[PDB]
Visitor: 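Starting off with a structure, shown below.
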Amino acid sequence: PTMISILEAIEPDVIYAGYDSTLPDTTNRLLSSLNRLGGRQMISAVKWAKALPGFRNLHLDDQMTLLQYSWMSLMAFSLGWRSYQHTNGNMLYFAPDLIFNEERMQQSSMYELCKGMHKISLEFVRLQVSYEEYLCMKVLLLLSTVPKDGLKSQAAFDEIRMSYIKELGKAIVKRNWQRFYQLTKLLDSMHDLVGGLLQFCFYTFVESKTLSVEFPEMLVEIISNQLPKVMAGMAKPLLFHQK
Ligand SMILES: C[C@]12CC[C@H]3[C@@H](CCC4=CC(=O)CC[C@@]43C)[C@@H]1CC[C@@H]2C(=O)CO
């Protein structure tokens with residue numbers, strides 16, 4: 001089987017938030033639901049990541065570190081893709097039972113960040129990103145935020161990352177350098193957006209009582225590790241372009 005076949009085969013099914021739409025929206029309900037969904041998606045992401053060629057050969061500590069650093073990037077990018085594929089206009093397709101319009105983006109109290117995530121879908125539109133390109137790009141996001149002090153299997157990581165860069169190149173050819181330049185530019189743009197998402201995430205995590213935002217155990221585990229590392233500057237982006 002081809003590398004791209006495996007990527008297609010291991011791509012998770014769509015996840016539901018478990019939202020009751022008969023009950024009115026509130027800020028707390030929306031954010032807590034977003035978090036419950038985030039937690040479910042991350043359980044699936046762990047499963048997905050563990051099945052990735054090459055990546056599955058890294059020491060397990062490296063596997064969980066990369067997933068932990070890249071969590072927000074992966075989910076924002078997948079959101080962008082879902083919103084492109086299943087929706088049109090200013091709408092975010094978080095889940096089949098949790099779709100945001102202008103109202104819901106406003107009431108979430110993270111309106112500007114919703115618009116930032118929406119920009120990803122607009123870029124998928126403009127560039128006409130193929131499914132195969134998207135699958136390759138998503139893996140690159142898993143491999144694009146690393147601890148500043150390095151990984152256990154650094155040389156192996158570099159090799160794995162290069163192979164998926166080559167995979168992206170194959171996805172491009174199927175259908176050149178200009179497209180590579182453009183798609184890697186889109187990857188780089190995730191870092192600034194994710195910075196904004198993380199600022200708000202940490203705020204809601206800390207202010208959760210006074211606000212009243214619920215987080216699942218899955219996200220509590222991630223955030224309690226990521227809050228200190230990100231705030232302490234331990235995460236380094238691996239950029240394709242000059243900053
Ligand atoms: C973490 C977060 C709720 C969960 C989402 C995240 C943005 C990206 C994202 C995409 C999804 O498809 C599932 C939810 C999620 C992971 C939001 C950024 C701010 C927001 C909060 O801080 C709510 O407390």
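For the single chain, residues carry numbers from 1 onward in sequence order. Counting convention: from 1, in listed order, for ligands and their atoms alike.
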Visitor: Please tell me which drug sits at ligand 1.
Guide: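 It's recorded as deoxycorticosterone.
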Visitor: Which macromolecule here is the main partner of deoxycorticosterone by heavy-atom contacts, as listed in the PDB entry?
Guide: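 The largest contact partner is Ancestral Glucocorticoid Receptor 1.
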Visitor: Could you tell me if any non-hydrogen atom of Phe202 lies under 4.0 Å from any atom of deoxycorticosterone?
Guide: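 Heavy atoms of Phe202 never come under 4.0 Å of deoxycorticosterone.
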Visitor: Answer yes or no for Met117: is there a heavy-atom contact with deoxycorticosterone below 4.0 Å?
Guide: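 A heavy atom of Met117 does come that close to deoxycorticosterone.
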Visitor: Should one rank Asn35, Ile15, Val194 by closest heavy-atom distance to atom 23 (C) of deoxycorticosterone, which comes out on top?
Guide: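 Selected option, by shortest heavy-atom distance: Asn35.
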Visitor: Classify the contact between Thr204 and deoxycorticosterone as side chain, backbone, both or neither, using a heavy-atom distance cut-off of under 4.0 Å.
Guide: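 For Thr204, only side-chain atoms sit under 4.0 Å from deoxycorticosterone.
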Visitor: Using a 4.0 Å cutoff against the non-hydrogen atoms of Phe215, which atoms of deoxycorticosterone qualify?
Guide: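 Those atoms are 24 (O).
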Visitor: Run down the list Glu207, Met72, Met75 and name the one with the heavy atom closest to atom 6 (C) of deoxycorticosterone.
Guide: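 Residue with the shortest heavy-atom distance to the ligand atom: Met72.
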Visitor: Mind checking whether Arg82 has an N or O less than 3.5 Å away from an N or O of deoxycorticosterone?
Guide: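 So deoxycorticosterone has an N or O lying under 3.5 Å from an N or O of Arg82.
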Visitor: Looking at atom 15 (C) of deoxycorticosterone, would you say a protein heavy atom lies below 4.0 Å from it?
Guide: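 False for atom 15 (C) of deoxycorticosterone.
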Visitor: State which organism the PDB entry lists for chain A.
Guide: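 Per the entry, it comes from artificial gene.
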Visitor: Which deoxycorticosterone atoms are under 4.0 Å away from a heavy-atom of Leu31?
Guide: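 Those of deoxycorticosterone that fall under 4.0 Å from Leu31 are 23 (C).
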Visitor: Which of the atoms of deoxycorticosterone are close to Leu34, meaning less than 4.0 Å from one of its heavy atoms?
Guide: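 Checking each atom against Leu34, I get 3 (C), 4 (C), 14 (C).
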Visitor: Any idea which atoms of deoxycorticosterone are less than 4.0 Å away from a heavy-atom of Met110?
Guide: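 Contacts of deoxycorticosterone toward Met110, numbered from 1: 18 (C), 19 (C), 20 (C).
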Visitor: In terms of residue, atom name and distance, what is the protein heavy atom nearest to atom 13 (C) of deoxycorticosterone?
Guide: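 Scanning the protein heavy atoms, the shortest distance from atom 13 (C) of deoxycorticosterone goes to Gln41 OE1, 3.3 Å.
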Visitor: Under 4.0 Å from a heavy atom of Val213: which atoms of deoxycorticosterone are those, numbered in the order shown and with their elements?
Guide: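 Listed by number with element: 24 (O).
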Visitor: Can you list the deoxycorticosterone atoms lying under 4.0 Å from a non-hydrogen atom of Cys201?
Guide: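 Listed by number with element, the hits are 22 (O).
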Visitor: If you draw a 4.0 Å sphere around every atom of deoxycorticosterone, which residues of other chains have a heavy atom inside it?
Guide: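 The heavy-atom site around deoxycorticosterone is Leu31, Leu34, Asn35, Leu37, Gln41, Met72, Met75, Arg82, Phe94, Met110, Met117, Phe200, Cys201, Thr204, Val213, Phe215.
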Visitor: Name each N or O atom in deoxycorticosterone that is under 3.5 Å from a protein N or O, and give the partner atom and the distance.
Guide:
| from | atom 1 | to | atom 2 | distance (Å) |
| --- | --- | --- | --- | --- |
| deoxycorticosterone | 12 (O) | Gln41 | OE1 | 3.2 |
| deoxycorticosterone | 12 (O) | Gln41 | NE2 | 3.3 |
| deoxycorticosterone | 12 (O) | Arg82 | NH2 | 2.8 |
| deoxycorticosterone | 22 (O) | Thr204 | OG1 | 3.0 |
| deoxycorticosterone | 24 (O) | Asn35 | ND2 | 3.0 |
| deoxycorticosterone | 24 (O) | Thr204 | OG1 | 2.8 |

